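Structure containing methotrexate.
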2 protein chains.
Amino acid sequence: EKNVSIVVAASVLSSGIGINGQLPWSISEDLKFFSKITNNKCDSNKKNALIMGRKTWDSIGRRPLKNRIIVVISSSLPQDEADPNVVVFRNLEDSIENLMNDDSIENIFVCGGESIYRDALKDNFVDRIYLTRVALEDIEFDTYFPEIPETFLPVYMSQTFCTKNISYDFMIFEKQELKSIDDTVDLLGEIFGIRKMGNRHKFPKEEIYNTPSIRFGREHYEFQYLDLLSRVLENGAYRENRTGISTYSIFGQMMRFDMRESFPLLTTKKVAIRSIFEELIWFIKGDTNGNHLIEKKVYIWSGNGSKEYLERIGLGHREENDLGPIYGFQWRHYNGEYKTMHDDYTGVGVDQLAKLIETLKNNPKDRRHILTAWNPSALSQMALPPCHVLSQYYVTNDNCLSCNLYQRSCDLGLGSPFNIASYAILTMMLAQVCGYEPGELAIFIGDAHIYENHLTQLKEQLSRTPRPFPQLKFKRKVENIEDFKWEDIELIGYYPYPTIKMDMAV
Amino acid sequence: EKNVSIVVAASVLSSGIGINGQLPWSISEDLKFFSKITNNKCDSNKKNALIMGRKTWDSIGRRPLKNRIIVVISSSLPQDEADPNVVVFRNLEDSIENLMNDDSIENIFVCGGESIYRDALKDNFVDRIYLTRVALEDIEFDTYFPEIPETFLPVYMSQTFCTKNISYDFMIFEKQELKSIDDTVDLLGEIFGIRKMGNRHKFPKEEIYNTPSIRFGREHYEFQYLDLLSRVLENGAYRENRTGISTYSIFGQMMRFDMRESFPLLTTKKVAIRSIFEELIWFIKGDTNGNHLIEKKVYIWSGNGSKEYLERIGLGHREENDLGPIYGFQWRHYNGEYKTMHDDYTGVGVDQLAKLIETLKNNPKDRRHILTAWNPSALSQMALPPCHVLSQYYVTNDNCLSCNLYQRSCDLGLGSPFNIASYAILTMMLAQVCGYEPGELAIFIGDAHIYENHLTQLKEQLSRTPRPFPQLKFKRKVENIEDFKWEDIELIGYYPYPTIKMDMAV
Ligand SMILES: NC(=O)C1=CN([C@@H]2O[C@H](COP(=O)(O)OP(=O)(O)OC[C@H]3O[C@@H](n4cnc5c(N)ncnc54)[C@H](OP(=O)(O)O)[C@@H]3O)[C@@H](O)[C@H]2O)C=CC1
Ligand SMILES: NC(=O)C1=CN([C@@H]2O[C@H](COP(=O)(O)OP(=O)(O)OC[C@H]3O[C@@H](n4cnc5c(N)ncnc54)[C@H](OP(=O)(O)O)[C@@H]3O)[C@@H](O)[C@H]2O)C=CC1
Ligand SMILES: CN(Cc1cnc2nc(N)nc(N)c2n1)c1ccc(C(=O)N[C@@H](CCC(=O)O)C(=O)O)cc1
Ligand SMILES: CN(Cc1cnc2nc(N)nc(N)c2n1)c1ccc(C(=O)N[C@@H](CCC(=O)O)C(=O)O)cc1
Ligand SMILES: Nc1nc2[nH]cc(Cc3ccc(C(=O)Nc4cc(Cl)ccc4C(=O)O)cc3)c2c(=O)[nH]1
Ligand SMILES: Nc1nc2[nH]cc(Cc3ccc(C(=O)Nc4cc(Cl)ccc4C(=O)O)cc3)c2c(=O)[nH]1
Ligand SMILES: O=c1[nH]c(=O)n([C@H]2C[C@H](O)[C@@H](COP(=O)(O)O)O2)cc1F
Ligand SMILES: O=c1[nH]c(=O)n([C@H]2C[C@H](O)[C@@H](COP(=O)(O)O)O2)cc1F
């Protein structure tokens, strides 16, 4: 009785694994994973057995794999004994003679063939599944990996990797069958109530935890966002705010996202990437005219720019969509005297963005690459004080650009998915203009909250297992950061779950 | 063969446990801990046995403990059989007859008496040690808990708790006498190099990890600082900076500290608490004259305010120790035009601190309690740009005041211990003035680094197991936050390791 594992690489939506006798992709790192996972063993005087169908045996050229024994399932192949590295069996059950005897075989791997995969799962021979999810869907397949039966549960999901602009990750599924420290912490939590800080940061219950069977392998960085939702649902205090809609709120949180091997665009929900880009280039250009976004069919700033809202907050003198000195006016004209959105501000104020770009490439190891929007002198004139308040940038020794952001207030349902993608694009833009590669993104949050009219929606999103992040590439090298257009951006391999409608609190 | 555990409460330095036949303190929560840990059992048809010396039996009034069986070690007590809840043995070894039979005894606890403790450890009867460390030292003891033998290793250390201004924590010692996920992550780290983000955040090696035997019980929040040192030693990139002293640096980190039950003043090193307060009240008053700190024998700002340094950074026109508009000038006079440190600035600029105090008590649930010091218009005039750049404050539903801080650059050897205690005091001051209690402290860091001339010192500090945090209380209620004096502060129960000298990089 030894272990039997499936190794397979399948597409993210339809589970395609083959086409015309070969693979529908060419990913070198995935073959290295197959090699390392099938060679891994404890006893040096034993070998691992790789079971595969005859058509897969043809596709690998009918040549042996070093250090391993290949088991071919075939009805017509001659049961040859000349090659000790290749053995032939007439059916899959008989090949499980690797179990019944042969103590020189340590582990068994079901290595390919839809027919072999389907029979191994149908007869309940498989203990573990190593799955490489490939983000390629609008191509032709003729061979599929069968649906994983309900007896299996995921226990690991890696970060997203990139090869030739193709996104992929690695997952492990398993077939389902000291206390002294945990007891002491429980007893201390009964004695001290909320006096014990751990009781103020309770671990989320299973019913609000995304894919709960993945306990020690939540490596995919979309869990950084999903688990923050779970923490708010678990520990969030019911609080009122300036809007009529109350929230559940906690204070002091963070999220990390990689940007070297993928782009952090959420997959558990279709995110309006075009509106995100249009808002960001609107910031970069220094613009505060809300009509320019509406003219581009972007209405995210409509609520905080209506005549009724502006009059209510004491800005009735202002034009309809004149939002005042907000993001993009502090970026390009910090401390500049604001009049209206139609005036000419060329030369007024401190151009933070221009100075940031120059210091990033003239003094990369400088510890002061800072862009701020919190101006106490201008807060009263803003339609809304800045939420993403301050950001810092860092040039690594291997010429990557990382970004930290402090956010004072985080609408997790609507604002947060935008903020993650927004500063990811901005860091990539700064990276290209300064001649670096994208690095890492960290977001530090003050008031992280969920509006109570988003509870049904966000619990729906928490029921969806994440998929690998897509890739985002620029189609050309711009001469100035203001020259970026929506046509220059290419989003590769984005296969999200359907859209989830959520209303904005004015 | 069942478990034998010691339960004891001893003072943090000298391990005193008794005086004149009674305890040297009165801590209710510790008695409840003793009750819960000695009653904890699995089988409802079994009981736990509590072994104690005769003098301890006298000190508890010679009355039984509910649901448990007391085993008294005595040479003269009559071996009575009337009470089935109290049994008498003539020596400690014979009383371990609880093991040899009596299947109604599930667990065994050695519950007190220096004579009983010393014999239980000397004869190697003990498997586990439950230790309550009490921060009371300059009092009289006549009974001591023996030194824990080297066969034991700590596995848990709780946060600091407070009873009647007495600090204490709980520790567990043990006599130290699936792999599929870990293997897959290792294999993925061999294929992808620094392309896998986990390889850029490697777990610290044991030789640079403070108290490595505590793996799953690093609850004491001083580990938030110590483990950040370890992360920098493990993954820090060697980088140059404006000073002549290079650092090892990482980007994007955080630390959390409780403030309800203790004050986060590091114990692995004696911290100059008076210099911290004197600098903070210097900020609150709006002062930028460096001589006022030197006149109070505080020299932390001397290096960045000397004639040689000021001339070197292009501020040769300034008087000696005229630091310019820095912390406390942006706090009280944001955007105010700075001339020299001798001028009258009453009324100029935005008084952020005054507006913060007013909003904290008139609109507590407001999500904009923000204090910033990053002024792009004034950076060129500063002797040093702000390190602690922005802070946000939060009023919980149970009337506690929490604080978030973003720090762009963190000297972990010298600056970081100061920043932790500084913003803890400030949040406590704001809490008293606004009528709240202290909450939690979170510090988010950009460039966290260690200067290379601090490596020997910080590795020395990493060899010291932390002690419970002290308490900090105010002796009077001030009418204005500016009225706080050093005499108003009481530091209770601070027993740190000796001072560690480290030079500042100019
Ligand atoms: N992405 C991935 O991870 C992988 C993809 N692939 C791809 O999948 C395709 C191949 O898979 P597939 O089309 O299903 O072919 P198979 O690899 O499953 O091979 C099928 C052959 O196996 C033999 N066989 C299967 N079942 C039995 C049985 N019950 N009794 C006796 N013999 C049996 C038969 O050989 P015979 O006719 O001689 O009797 C059959 O023709 C290729 O394109 C390949 O590249 C393959 C492996 C992995
Ligand atoms: N902080 C804490 O966790 C605890 C503190 N304490 C404190 O410690 C003090 C008491 O401890 P301590 O002074 O050491 O007294 P003990 O509790 O250890 O009791 C001593 C008595 O136990 C009997 N005894 C001990 N060893 C032997 C032996 N080898 N053979 C036979 N009998 C033995 C003797 O009784 P006899 O003379 O009858 O023969 C001896 O006088 C008190 O002040 C108490 O408050 C006590 C428990 C816990
Ligand atoms: C057609 N085929 C089946 C195949 C292909 N990709 C997969 N990918 C995954 N993730 N899992 C599988 N079971 C899998 N199977 C192949 C193709 C190549 C090799 C192969 O060359 N393996 C070498 C790998 C050489 C390398 O280092 O690049 C080895 O040493 O194992 C094996 C099976
Ligand atoms: C004098 N003495 C010895 C004593 C006191 N404090 C300790 N504290 C610790 N952490 N460990 C010990 N072994 C210990 N022993 C005592 C004192 C009171 C009780 C006691 O009353 N226990 C009650 C609890 C009373 C309550 O809940 O407060 C129980 O039911 O266990 C036991 C032992
Ligand atoms: N409380 C609060 N006030 C805000 N003021 C300004 C913002 C910024 C802001 C405002 C609205 C939206 C928004 O609807 N996004 C969308 C979400 C989904 Cl799920 C689908 C489509 C859109 C879309 O619009 O294409 C995103 C950001 C904002 C915010 O996010 N929250
Ligand atoms: N690189 C850099 N520049 C700085 N400018 C301004 C600061 C702020 C700053 C400056 C100096 C010290 C400092 O010596 N603390 C001490 C440390 C120990 Cl271990 C013992 C005594 C003292 C003491 O002095 O009583 C603490 C903070 C600071 C800093 O910490 N690092
Ligand atoms: O980029 C944004 N991110 C964000 O989270 N909000 C939300 C946070 C909060 O729910 C709401 C109001 O901010 P506040 O009430 O704190 O002034 O705006 C708004 C943005 F524009
Ligand atoms: O409160 C402080 N905290 C701190 O960490 N530094 C250190 C950080 C850095 O090592 C040094 C210089 O900052 P920088 O060269 O990035 O401008 O000051 C200085 C302070 F005053």
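Order of sequence lines = order of chain letters (A, B, ...). Chain A is numbered as in the PDB entry; shown residues: 3-179, 193-521, in order. Residue numbering in chain B adheres to the PDB entry, whereby the residues present occupy positions 3-179, 193-521 in order. Whatever order the structure lists ligands and atoms in, that order sets their numbers, starting from 1. So how was this one determined? The header says X-ray crystallography, 2.5 Å. As a basis for the values below, the full set of heavy atoms in this structure was taken, side chains included, without hydrogen atoms, waters or symmetry mates.
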### Task
Locate methotrexate in the structure and include all copies.
ligands 3 and 4
#### Entry: Largest contact partner of methotrexate (ligand 4) (naming from the PDB entry)
Bifunctional dihydrofolate reductase-thymidylate synthase
### Query
Which neighbouring chains have any non-hydrogen atom closer than 4.0 Å to methotrexate (ligand 4)?
B
### Task
Return yes when B/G114 approaches methotrexate (ligand 4) closer than 4.0 angstrom through a heavy atom, no otherwise.
no
### Query
Counting from 1, what methotrexate (ligand 4) atoms have a heavy atom of B/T134 closer than 4.0 Å?
10 (N)
### Message
I need the atoms of methotrexate (ligand 4) closer than 4.0 Å to a non-hydrogen atom of B/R70, numbered in the order shown.
### Response
29 (C), 30 (O), 31 (O)
### Message
I'd like the name of whichever of B/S61, B/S37, B/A11 reaches closest to atom 24 (C) of methotrexate (ligand 4) through any heavy atom.
### Response
B/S37
### Query
Is B/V10 touching methotrexate (ligand 4) with its side chain, its backbone, both, or neither, if touching means heavy atoms under 4.0 Å apart?
backbone
#### Entry: Min heavy-atom dist B/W59 to methotrexate (ligand 4) below 4.0 Å
no
### Task
For B/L25, take its heavy atoms, then give the atoms of methotrexate (ligand 4) lying under 4.0 Å from any of them.
5 (C), 6 (N)
### Query
Is methotrexate (ligand 4) under 4.0 Å from a heavy atom in the side chain of B/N41, in the backbone, in both, or in neither?
neither
### Query
Taking atom 27 (O) of methotrexate (ligand 4) as the point of reference, which of B/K34, B/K57, B/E31 owns the nearest heavy atom?
B/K34
### Message
With a 4.0 Å cut-off on heavy atoms, is B/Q24 in contact with methotrexate (ligand 4)?
### Response
no
### Query
With backbone taken as N, CA, C and O and side chain as the heavy atoms from C-beta onward, which portion of B/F111 lies under 4.0 Å from methotrexate (ligand 4): side chain, backbone, both, or neither?
neither
### Query
B/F36: heavy atom below 4.0 Å from methotrexate (ligand 4), yes or no?
yes
### Query
N/O to N/O below 3.5 Å, does that happen between B/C113 and methotrexate (ligand 4)?
yes
#### Entry: methotrexate (ligand 4) binding site, heavy-atom cut-off 4.0 Å
B/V9, B/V10, B/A11, B/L25, B/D32, B/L33, B/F36, B/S37, B/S61, B/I62, B/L67, B/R70, B/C113, B/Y119, B/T134
